[PDB]
Asks: 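Below are the structure tokens for one structure; questions will follow.
Sequence positions, counted from 1, serve as the residue numbers for this chain. Indexing begins at 1, ligand by ligand and atom by atom, following the structure's order. Heavy atoms only: backbone and side chains are in, while hydrogens, waters and symmetry mates are out.
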Amino acid sequence: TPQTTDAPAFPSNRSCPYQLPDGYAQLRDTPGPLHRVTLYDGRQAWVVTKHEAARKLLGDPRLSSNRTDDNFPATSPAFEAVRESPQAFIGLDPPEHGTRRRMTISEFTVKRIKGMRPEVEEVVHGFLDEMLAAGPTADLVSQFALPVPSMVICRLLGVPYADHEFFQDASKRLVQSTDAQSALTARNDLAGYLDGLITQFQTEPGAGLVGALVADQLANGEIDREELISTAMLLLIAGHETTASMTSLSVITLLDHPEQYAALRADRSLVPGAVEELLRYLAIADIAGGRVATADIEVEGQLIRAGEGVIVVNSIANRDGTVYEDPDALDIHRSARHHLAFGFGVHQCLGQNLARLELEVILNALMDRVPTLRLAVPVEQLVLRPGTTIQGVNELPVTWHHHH
Ligand code: HEM
Ligand SMILES: CCC(C)(C)C(=O)O[C@H]1C[C@@H](C)C=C2C=C[C@H](C)[C@H](CC[C@@H](O)C[C@@H](O)CC(=O)O)[C@H]21
């Protein structure tokens, strides 16, 4: 019998780091904003494949972010770790979501992020000194891409960087876990570490956002101790892994487009616009759109019923040709405005401007100090993460014109 189905398996893995999987490109090319897929357990779900409908549904209050809902579209067995756990505000709906998010916004405002630029530049150049002094070759992930945002978010959260080896390992084991067992164990490792940190800040008040939440909201019973752990865990893990993966993939992508990398190096005013285009193009968090409908929603003839899972795939929506002409082409000179790599609505990425600053400083630093940077292995030799997690590589062997 023929094997063609009306709801293809979802998600799919990338074979090229800066191109949609073949299964996503056909979903992008089907007409209409919605299309059925099949999750890992056999459940069917909706995916959004157009930019305007993705933007409209991300702001529709009839789509809930409640992870604990039984109908929430889980995309892997490892997802049972966050469902079975107390929720941070990413999995909350209004009004409870707003009261929790307000406790954290002070550390991510524009004026606070801009003020952090001297500190971030010191952090980037510090790890660039060490990598260049150790001689080629080098793993760009473990020696630069991961340590730089790790130290920045640790200073922002109040987490001691002296323990970086522990929680970096546990954060990997959680994000790239393939079964619920290794995911549960990694999450418990981070929870146990953070709970000890909370007790530590109750004896002597600490710094950062975690120290402030312990001395203020937790002391007044406005947040549960376990809510504080999930919130701190969310910020810690999002603070490391997203920026590290954007850096690794942005380096890979720019090295495969040397004409645009040359233009970027010649005119640094293009860096902020190239970051926006890289965010649209790469879209490393395109699974970050899971929703469950609480009421019936009509979208251009199609009907989402209450209790159905919806997955807004921002990587597909960022390749909408009616918004960005020739969407599959990298183009640092294009207007990448209104892209959905950071989401949209009340759950729009809290640390989107920290990531913009981190990537801007990092790209300028690599072009200033290692302009001869190239990949020590062919791109096809690299191992990409599957579509069930944050896009990126685990290793990135690089080399350069060395001398000292
Ligand atoms: C670097 C690339 C990044 C990308 C592509 C990205 C992407 C996203 C997306 C798409 C969402 C929406 C999730 C949803 O609607 O369910 C989101 C939310 C969020 N992100 Fe990011 N993010 C990045 C960096 C960061 C950083 C550096 C932080 C640091 C704290 C962060 C913290 C958060 C938080 C706390 C939320 C939840 C917002 C809310 O629920 O109100 N992200 N992110
Ligand atoms: C193992 C699955 C994994 C990768 C954590 C995940 O799919 O997340 C993704 C998808 C979606 C929620 C949005 C995301 C954007 C930024 C973050 C990095 C975020 C981590 C979500 C957070 O929920 C994970 C732990 O914090 C669990 C918890 O706090 O209960 C990430």
Asks: Identify the main binding partner of ligand 2 here and report its name as listed in the PDB entry.
Replies: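 The largest contact partner is Vitamin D3 dihydroxylase.
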Asks: Select, from teneligliptin, simvastatin acid, narazaciclib, zibotentan, the drug or drug candidate present at ligand 2.
Replies: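 Of those, it's simvastatin acid.
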Asks: In this entry, what is the source organism recorded for chain A?
Replies: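 The deposit names Streptomyces griseolus.
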Asks: Which simvastatin acid (ligand 2) atoms, with their elements, are less than 4.0 angstrom from a heavy-atom of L234?
Replies: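 Matching atoms, with element in brackets: 20 (C), 21 (C), 22 (C), 26 (O).
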Asks: Check each atom of simvastatin acid (ligand 2) against the heavy atoms of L174 and keep those under 4.0 Å away; list them by number with element.
Replies: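 Here the atoms of simvastatin acid (ligand 2) in question are 1 (C).
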Asks: Give me the UniProt-annotated calciol-binding residues in chain A that sit with a heavy atom under 4.0 Å from simvastatin acid (ligand 2).
Replies: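 Per UniProt, the ones with a heavy atom under 4.0 Å: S230, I287.
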Asks: For atom 13 (C) of simvastatin acid (ligand 2), state whether the nearest protein heavy atom is under 4.0 Å away.
Replies: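 Yes, there is one.
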Asks: Note down any other ligand or ion with an atom under 4.0 Å from simvastatin acid (ligand 2).
Replies: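 Closer than 4.0 Å to simvastatin acid (ligand 2) are ligand 1 (protoporphyrin IX containing FE).
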Asks: Heavy atom under 4.0 Å from simvastatin acid (ligand 2): found in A238's side chain, backbone, both, or neither?
Replies: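 Both backbone and side chain.
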Asks: Which part of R67 is near simvastatin acid (ligand 2), with near meaning a heavy atom under 4.0 Å away: side chain, backbone, both or neither?
Replies: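 Looking at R67 and simvastatin acid (ligand 2), just side chain atoms fall under 4.0 Å.
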Asks: In terms of atom number and element, which parts of simvastatin acid (ligand 2) are under 4.0 angstrom from non-hydrogen atoms of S230?
Replies: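 This gives 29 (O) as the contact atoms.
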Asks: State the binding site of simvastatin acid (ligand 2) (non-hydrogen atoms, cut-off 4.0 Å).
Replies: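 Heavy atoms within 4.0 Å: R67, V82, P86, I90, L174, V175, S230, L234, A238, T242, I287, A288, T389, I390.
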